[PDB]
**Student:** 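One structure, pasted below without further comment.
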Amino acid sequence: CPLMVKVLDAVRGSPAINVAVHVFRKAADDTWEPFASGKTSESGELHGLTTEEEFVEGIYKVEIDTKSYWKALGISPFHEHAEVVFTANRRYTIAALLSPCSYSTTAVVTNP
Amino acid sequence: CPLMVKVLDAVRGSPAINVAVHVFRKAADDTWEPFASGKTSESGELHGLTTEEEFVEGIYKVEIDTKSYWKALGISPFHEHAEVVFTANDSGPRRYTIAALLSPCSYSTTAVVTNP
Amino acid sequence: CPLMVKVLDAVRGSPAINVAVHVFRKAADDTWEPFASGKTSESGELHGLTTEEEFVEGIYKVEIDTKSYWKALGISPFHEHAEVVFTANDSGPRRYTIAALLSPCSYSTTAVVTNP
Amino acid sequence: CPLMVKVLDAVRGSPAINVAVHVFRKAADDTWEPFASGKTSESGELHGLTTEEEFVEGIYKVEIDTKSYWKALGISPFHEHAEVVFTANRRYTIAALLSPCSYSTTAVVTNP
Ligand SMILES: Cc1ccc(C(=O)c2cc(O)c(O)c([N+](=O)[O-])c2)cc1
Ligand SMILES: Cc1ccc(C(=O)c2cc(O)c(O)c([N+](=O)[O-])c2)cc1
């Protein structure tokens, strides 16, 4: 897997489980084209979104459905979602740490 | 001033100066319409984007041009920008500060919502 | 006012009000000596901790009582406190804002250092 | 391993490698007693700090030598170090995301 997403819950101090994640690629039209999606696991990780052949250079958008996550926990959230937009060139992990009114995100890029 | 944006630089430990910020509001037809824009000041703050009359209920998008910020400092950052999307004023008018702390490959954002 | 502390609450999206802050300075004998303390205000800010004369070169420790903050709100947090330790004024006087953003099991801290 | 430390570099977008980490336990005297230490791996992780029998309830202090890390990279840091102090009761991961003038830390507590 060249692209992985990890989501953490800063209120509970745990992985953020069953968070929906959608990934898009920017098309020539500068339209966002669907690319991959899934739900984080019990470890807060979402693997196997794409393959090395399919993950070409380009601009990608990762949309994390933070609002539904907090809703499911009965906690009032500020944001509609959390979007991460980046240019791909290696292995990429996009990590997000979530609070109801705040989030942070970082890239962890490593070479096998 | 019911919508303020503040941007900090986590590398230099300073305000993030002259950062372009564009604000959009979701229209009836579900498209993003331009709402207001500006640049952060020497203090990292952007005031005067809107007014109490103009800032009605709605879904707003604050797009912070982090890429140009870092590129102007000779750094190639990870993110294209940092977008913050939220529903405003659903229970009446509020005052909103959207703050972002920037690093070349990471950012965090928070909201300070107060009742004037 | 050369040392300010600002604390935000990432759960409520608001200033963190009435947070106790204790500041220490490392002494010649390598022990921590009490330097100043206070509580954050309604805006989450703590001003007036020290003065330009009193805030000399040194290593300082800012201990933010995050545990009491959360416990008073009925939350059992992860951390005992949040400590920020830094060398101040090594290249001349600066103005320092130490900011912290709090969640029950996480916090972040940053510094804004400006030249008055 | 009931206690693990993971350190990430927000400037480079990568694990923070070869960061020294010291763990202390609060003694009855309210003195900080050395407990474990190590250096993060190429993945930014430090495992095998302790055992389940040795990791009893109590107050622990994790000191991350952020200043040396940034020094080794030729980057001027603000903080002397990053300290994380918490009470143990499960498996604990203490994660830290580092910038030269900022850091964040969170707890990821999971049950096997
Ligand atoms: C670690 C962190 C992350 C984000 C913030 C932050 O969002 C913030 C918000 C403010 O209104 C504000 O005045 C300052 N400040 O002066 O430093 C910071 C503050 C701290
Ligand atoms: C405060 C903070 C915020 C974000 C991160 C963070 O990005 C991160 C990345 C990982 O690959 C990862 O495995 C974990 N973890 O398990 O805790 C956290 C790490 C620390």
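Chain naming is simple here: A for the first sequence line, B for the second, and so on down. Sequence positions for chain A are given in the PDB entry numbering; the residues included correspond to 10-98, 103-125, in order. Residue numbering in chain B adheres to the PDB entry, whereby the residues present occupy positions 10-125 in order. Following the PDB entry, chain C shows residues 10-125, kept in their order. Residue numbering in chain D adheres to the PDB entry, whereby the residues present occupy positions 10-98, 103-125 in order. Note that ligands are numbered from 1 as they come in the structure, with each ligand's atoms numbered from 1 the same way. According to its header, the structure was obtained by X-ray crystallography, 1.7 Å. All values below were derived from every heavy atom in this structure, side-chain atoms included, with hydrogens, water molecules and symmetry-related copies excluded.
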**Student:** Which of the following drugs is at ligand 1: tolcapone, voglibose, flurbiprofen, cladribine?
**Tutor:** tolcapone
**Student:** Counting heavy-atom pairs under 4.5 Å, which macromolecule has the most such pairs with tolcapone (ligand 1), as named in the PDB entry?
**Tutor:** Transthyretin
**Student:** Which other polymer chains sit within a heavy-atom distance below 4.0 Å of tolcapone (ligand 1)?
**Tutor:**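 Other chains, by heavy atom: B, C.
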**Student:** Does tolcapone (ligand 1) come near enough to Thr119(B) that some N or O of the ligand is less than 3.5 Å from an N or O of the residue?
**Tutor:**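 Min N/O separation from tolcapone (ligand 1) is not below 3.5 Å for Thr119(B).
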**Student:** Counting only heavy atoms, which portion of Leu17(B) has something under 4.0 Å from tolcapone (ligand 1): side chain, backbone, both, or neither?
**Tutor:** side chain
**Student:** Give me the UniProt-annotated L-thyroxine-binding residues in chain C that sit with a heavy atom under 4.0 Å from tolcapone (ligand 1).
**Tutor:**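 By heavy-atom distance, the UniProt-listed hits: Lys15(C), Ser117(C).
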**Student:** To the nearest 0.1 Å, how far is atom 16 (O) of tolcapone (ligand 1) from its closest protein heavy atom, and which atom is that?
**Tutor:**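 Protein heavy atom with the smallest distance to atom 16 (O) of tolcapone (ligand 1): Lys15(B) NZ, 3.2 Å.
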**Student:** Which residue supplies the protein heavy atom nearest to atom 19 (C) of tolcapone (ligand 1), what is that atom called, and how far is it?
**Tutor:**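 Residue, atom and distance for the closest contact: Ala108(C) CB, 3.7 Å.
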**Student:** With a non-hydrogen cut-off of 4.0 Å, what is the binding site of tolcapone (ligand 1)?
**Tutor:**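 Using heavy atoms under 4.0 Å, it comprises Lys15(B), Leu17(B), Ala108(B), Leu110(B), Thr119(B), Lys15(C), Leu17(C), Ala108(C), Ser117(C), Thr118(C), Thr119(C).
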